[PDB]
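Single-structure report; data block below.
Every chain is numbered from 1 and lettered A, B, ... according to where its sequence line falls, protein lines coming before strand lines. As the structure lists them, so they are numbered: ligands from 1, and atoms in each ligand from 1.
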There are 4 protein chains.
Amino acid sequence: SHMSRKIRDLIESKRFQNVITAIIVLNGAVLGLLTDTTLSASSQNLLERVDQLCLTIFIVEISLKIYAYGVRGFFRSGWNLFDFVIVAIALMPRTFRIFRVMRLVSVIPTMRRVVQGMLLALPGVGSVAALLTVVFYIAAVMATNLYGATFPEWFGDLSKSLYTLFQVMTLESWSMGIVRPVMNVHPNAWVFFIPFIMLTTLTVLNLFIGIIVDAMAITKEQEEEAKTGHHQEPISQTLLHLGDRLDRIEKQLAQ
Amino acid sequence: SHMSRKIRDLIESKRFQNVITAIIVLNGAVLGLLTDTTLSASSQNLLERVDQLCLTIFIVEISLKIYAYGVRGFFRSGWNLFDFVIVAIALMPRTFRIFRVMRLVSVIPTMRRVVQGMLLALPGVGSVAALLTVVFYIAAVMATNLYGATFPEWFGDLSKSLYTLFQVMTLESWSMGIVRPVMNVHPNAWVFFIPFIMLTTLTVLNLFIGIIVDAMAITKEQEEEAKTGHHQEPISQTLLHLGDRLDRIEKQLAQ
Amino acid sequence: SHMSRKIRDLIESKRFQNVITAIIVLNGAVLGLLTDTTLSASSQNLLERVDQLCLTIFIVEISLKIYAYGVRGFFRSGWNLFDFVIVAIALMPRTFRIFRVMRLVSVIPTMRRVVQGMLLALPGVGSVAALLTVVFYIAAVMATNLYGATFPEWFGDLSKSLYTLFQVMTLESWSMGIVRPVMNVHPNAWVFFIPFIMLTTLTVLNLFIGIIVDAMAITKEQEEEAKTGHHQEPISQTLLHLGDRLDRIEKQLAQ
Amino acid sequence: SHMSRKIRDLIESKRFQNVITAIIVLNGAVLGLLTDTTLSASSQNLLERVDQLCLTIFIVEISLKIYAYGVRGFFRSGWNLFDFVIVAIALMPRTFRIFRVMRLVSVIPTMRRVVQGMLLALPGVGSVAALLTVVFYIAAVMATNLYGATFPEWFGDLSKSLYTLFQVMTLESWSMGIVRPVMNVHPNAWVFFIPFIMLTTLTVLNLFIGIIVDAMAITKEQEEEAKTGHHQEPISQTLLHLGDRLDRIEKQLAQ
Ligand SMILES: CCCCCCCCCC(=O)N(CCO)C[C@@H](O)[C@@H](O)[C@@H](O)[C@@H](O)CO
Ligand SMILES: CCCCCCCCCC(=O)N(CCO)C[C@@H](O)[C@@H](O)[C@@H](O)[C@@H](O)CO
Ligand SMILES: CCCCCCCCCC(=O)N(CCO)C[C@@H](O)[C@@H](O)[C@@H](O)[C@@H](O)CO
Ligand SMILES: CCCCCCCCCC(=O)N(CCO)C[C@@H](O)[C@@H](O)[C@@H](O)[C@@H](O)CO
Ligand SMILES: Nc1nc2ccc(OC(F)(F)F)cc2s1
Ligand SMILES: Nc1nc2ccc(OC(F)(F)F)cc2s1
Ligand SMILES: Nc1nc2ccc(OC(F)(F)F)cc2s1
Ligand SMILES: Nc1nc2ccc(OC(F)(F)F)cc2s1
Ligand SMILES: [Cl-]
Ligand SMILES: [Cl-]
Ligand SMILES: [Cl-]
Ligand SMILES: [Cl-]
Ligand SMILES: [Cl-]
Ligand SMILES: [Cl-]
Ligand SMILES: [Cl-]
Ligand SMILES: [Cl-]
Ligand code: NA
Ligand code: NA
Ligand code: NA
């Protein structure tokens with residue numbers, strides 16, 4: 001009965017998605033080729049047109065979408081917003097056009113759900129992250145005061161110290177490159193660095209594991225709802241309802 | 001009543017498996033000795049005959065098998081196919097004969113099941129892997145543009161950048177060897193590299209954990225079915241059936 | 001009806017907490033600025049007053065608290081004790097004032113619960129930690145005896161050996177920096193170092209995983225009790241009570 | 001009524017255990033002091049007597065034990081056997097006496113149970129370990145053939161290659177120290193090394209996680225049985241028995 005309705009049906013098809021995916025990939029491949037500094041002037045010119053085309057197909061797509069759903073209903077979705085900004089900002093002649101390839105995530109549903117699970121897991125680890133942040137800040141202040149005068153390249157100011165401490169937490173050359181040189185001047189520096197490592201590696205892995213365990217559960221419920229309209233009821237609710245059926249046959253057997 | 005049937009019984013015995021295992025090991029040991037560049041001409045000649053023998057015993061084995069199961073029923077199995085190719089390609093006088101030792105996996109059932117679990121887990125992490133791939137590709141394009149002119153050995157082209165970024169994701173000399181040298185020329189490069197590390201280490205570990213958790217469950221169900229013909233019913237189905245027995249005694253107590 | 005009661009209500013408000021949080025942050029920011037060695041004499045003087053103020057607001061706070069709860073009831077809490085010491089020791093004109101910023105943990109409840117979970121998990125991994133400790137001590141004695149005379153910088157005495165072995169367990173330059181140089185003199189040293197690595201990396205990760213899995217469960221029960229006054233009953237107790245309702249309807253249907 | 005019985009009661013007391021623990025620690029402390037190469041002749045002499053004493057107290061202990069339980073019942077226990085060998089071999093005037101300190105594990109029950117869980121978990125990961133072993137062996141043969149002539153220090157023979165590949169699997173200097181130098185001569189060597197890393201890091205972590213998850217469950221059941229004489233019934237058996245109580249009230253309500 002309606003134009004709008006027939007467009008939404010197009011937008012939401014599997015073929016349309018495949019086509020926009022193919023254009024993202026192509027845009028991506030062309031921006032990759034353009035890294036090649038040896039290119040002829042005409043080749044670069046060509047590739048830049050392919051990019052122009054890709055960007056155009058993107059504006060038609062988003063247009064189609066803002067029409068078929070209306071200004072307020074398109075902007076209802078973070079993903080549409082994201083798609084919109086990514087495409088919009090390219091219409092302002094920043095220099096990292098290649099971020100356009102993140103649209104593979106916004107356009108492919110299973111990929112969107114991976115990202116959604118990870119974003120959704122961030123709140124629940126916020127206290128673990130804050131504890132890490134506090135540990136970092138305190139360590140960076142002490143390292144600057146302790147070591148900044150004698151090791152200024154690594155600890156000369158707070159910024160330097162944070163950088164160095166991040167390197168130390170990743171275990172990268174922590175000993176041969178940082179702590180042994182420091183200990184030649186400050187023999188007890190292991191008393192600072194080895195507890196720092198123990199605590200940050202424990203906390204970071206806590207942070208990581210919390211994100212991953214949650215993100216995987218969220219994603220998995222999203223995949224279920226996407227396929228069947230509902231998710232698995234948690235065992236605890238299943239046992240709750242079993243508790244109810246038991247109450248209703250205990251009460252029924254009064255007489 | 002049948003030749004075929006008596007051969008299949010041989011093939012499927014525990015003694016036959018032990019014998020083929022022993023020949024794989026021996027083939028493997030001889031290819032190891034042949035790495036020894038100091039060997040006398042006669043020793044090498046000997047070892048090469050032992051390999052020839054090993055390969056022959058393999059053709060008889062596979063023959064036995066294609067006969068006792070017929071062309072279409074042998075080629076029904078990925079493992080038979082794999083065994084077939086590995087042995088076949090050696091009959092074309094590639095240079096990595098040592099891959100023959102992967103037959104330890106195809107011939108030993110518990111080992112086959114480990115590999116089966118890992119292959120079977122690959123689909124379920126395909127979106128996590130694709131997200132990693134996207135992150136890599138985008139990072140490699142930006143690193144080439146940002147750093148290729150000033151650091152061409154590490155970022156001079158897309159290939160270089162991908163390699164370097166893989167090294168960076170593994171945390172290997174990421175700071176003393178790559179990022180500190182880069183920052184002497186581009187002082188804000190930590191703004192690129194430290195988020196890259198955070199995101200890829202999170203995603204890779206997500207990838208790893210997903211594979212392992214699934215592969216372990218799959219393998220474990222395979223080990224159960226191999227031993228008893230069935231696996232453990234998931235708790236959720238057990239609770240489902242408990243829900244059914246409750247319905248049938250709630251309905252029965254109508255009167 | 002009471003002063004005490006109206007103060008406790010202030011102390012326990014959300015606004016009061018926000019205010020003490022803001023003062024910790026500010027104290028923290030000022031101690032950070034003071035790392036900056038380039039500061040004018042007047043700037044340093046200013047910042048030191050801001051610290052003096054911050055410390056004062058802290059004494060009023062703790063005073064308020066010891067009054068509104070009484071000496072014995074304030075000192076009932078580890079966190080109050082901790083808050084008390086941190087603030088008290090600053091009234092003794094040690095040099096790491098920046099530890100004051102750990103009060104973000106004692107004053108923010110969700111952060112307190114993260115730390116509480118980790119402390120509470122320590123007992124249950126105490127045997128895994130002791131095993132690691134034993135492995136370290138034995139390794140450090142043997143490394144000193146084996147390698148101390150020929151590699152005294154790394155193994156010259158027990159202290160040196162422990163340090164080196166910690167570095168080796170973290171995998172930092174273990175081979176190019178320590179074990180290959182050692183093997184040029186003692187060709188079988190891989191027989192010591194590679195088992196050391198296998199065993200300590202297995203044990204440390206066991207230690208880490210045990211802490212994290214437990215700390216996460218404890219923290220999560222604390223967050224529940226903080227919000228609703230109780231936690232989730234473990235599935236095992238739920239099944240226990242289900243077993244009871246079954247007994248009471250099996251016994252009831254005697255006649 | 002019996003000597004034997006009163007000795008076993010002594011052996012099995014908490015005070016006796018504390019005393020043997022204290023002697024292990026002391027033996028351990030003295031062997032540590034003896035690493036100190038600067039010691040006076042008389043100090044070393046003293047410490048060596050303390051060791052002699054410690055070893056003597058150990059023989060009385062084991063004697064007490066072989067008597068109070070009899071030759072066949074003492075040798076029934078792996079831990080007694082282990083205690084016996086450790087003490088016995090010292091009566092043969094090998095040079096790593098410090099292994100005596102592993103008796104802290106055999107004498108302290110919670111520590112014994114950690115080790116027991118890890119030993120008991122080894123069978124269930126045997127296939128994952130064998131797969132790793134196969135991957136290593138094949139990689140080491142190919143690396144020797146590919147790279148041995150041009151990089152003999154790292155790949156000159158099978159032993160060298162295994163060592164290098166272990167280093168590579170731990171990610172230690174894998175790129176700046178091994179693979180970049182190799183690629184200057186063999187530009188496609190990343191095609192060998194990067195898949196090697198992906199596969200071995202996945203497999204090793206699978207190995208590690210399998211050991212730890214199992215060892216923790218085993219240990220935890222052992223701690224339960226040690227305290228209460230039984231362990232927790234697995235949920236699956238609890239649900240089985242719930243299924244039985246349901247059958248017995250479905251069958252009972254026939255009439
Ligand atoms: C977890 C958070 C880790 C964040 C680290 C912050 C980096 C500091 C940013 C900064 O402002 N810098 C100063 C210039 O803008 C660069 C520093 O990173 C510093 O390391 C350099 O000065 C080195 O090149 C000197 O050795
Ligand atoms: C996660 C995917 C990581 C994949 C990495 C791809 C490697 C690039 C393959 C390639 O085509 N190369 C060019 C020649 O074929 C070799 C490069 O690896 C490159 O690093 C070398 O040019 C260095 O030797 C220079 O410093
Ligand atoms: C898991 C526990 C790891 C703990 C490590 C203890 C460190 C030893 C403390 C000590 O007393 N030292 C001697 C001076 O006080 C410093 C040593 O750390 C040592 O490494 C130095 O002498 C090096 O600078 C020489 O190469
Ligand atoms: C996962 C299993 C990793 C096991 C590694 C086996 C080590 C090899 C033992 C051996 O027999 N060697 C030869 C002498 O006995 C020593 C080698 O380790 C070798 O690396 C040395 O020759 C280097 O010093 C040369 O660069
Ligand atoms: N693979 C490995 N990673 C680590 C990280 C830390 C560690 O010790 C510490 F105390 F830091 F946790 C040992 C190891 S082994
Ligand atoms: N053993 C350890 N591995 C890592 C890996 C990453 C890390 O920080 C990051 F933000 F990258 F995750 C810290 C650590 S400690
Ligand atoms: N990322 C990785 N960390 C490790 C730690 C240890 C290891 O081998 C060992 F035997 F030590 F466990 C391999 C790896 S891969
Ligand atoms: N902390 C980290 N350890 C690893 C180990 C391997 C890895 O990539 C690979 F493909 F090897 F798994 C990335 C990372 S990040
Ligand atoms: Cl770009
Ligand atoms: Cl010092
Ligand atoms: Cl070969
Ligand atoms: Cl810059
Ligand atoms: Cl300070
Ligand atoms: Cl040696
Ligand atoms: Cl010793
Ligand atoms: Cl090559
Ligand atoms: Na590492
Ligand atoms: Na490293
Ligand atoms: Na390194």
Chief chain touching ligand 7, naming from the PDB entry: Ion transport protein
Drug identity at ligand 7: riluzole
Tell me which other chains have a heavy atom under 4.0 Å from riluzole (ligand 7). C, D
Among all protein heavy atoms, pick the one closest to atom 8 (O) of riluzole (ligand 7) and tell me residue, atom and distance. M169(D) CE, 3.5 Å
With respect to atom 6 (C) of riluzole (ligand 7), which of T203(D), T200(D), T201(C) exhibits the smallest heavy-atom separation? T201(C)
Closer than 4.0 Å to some heavy atom of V204(D) - which atoms of riluzole (ligand 7) meet that? 7 (C), 13 (C), 14 (C)
Going by the order shown, which atoms of riluzole (ligand 7) are within less than 4.0 Å of some heavy atom of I197(C)? 11 (F)
List the source species for chain D given in this PDB entry. Magnetococcus marinus MC-1
Ligand-side contact atoms (riluzole (ligand 7)) for residue partner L171(C), heavy atom cut-off under 4.0 Å: 5 (C)
What residue and atom, counting heavy atoms only, is the protein's closest point to atom 9 (C) of riluzole (ligand 7), and at what distance? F208(D) CZ, 3.9 Å
Which of the other ligands and ions shown lie less than 4.0 Å away from riluzole (ligand 7)? ligand 5 (riluzole), ligand 8 (riluzole)
So which heavy atom in the protein is nearest atom 10 (F) of riluzole (ligand 7), and how far is it from that ligand atom? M198(C) CG, 3.4 Å
How is the binding site of riluzole (ligand 7) composed, by chain and residue number, at heavy atoms under 4.0 Å? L171(C), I197(C), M198(C), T201(C), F166(D), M169(D), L171(D), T201(D), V204(D), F208(D)
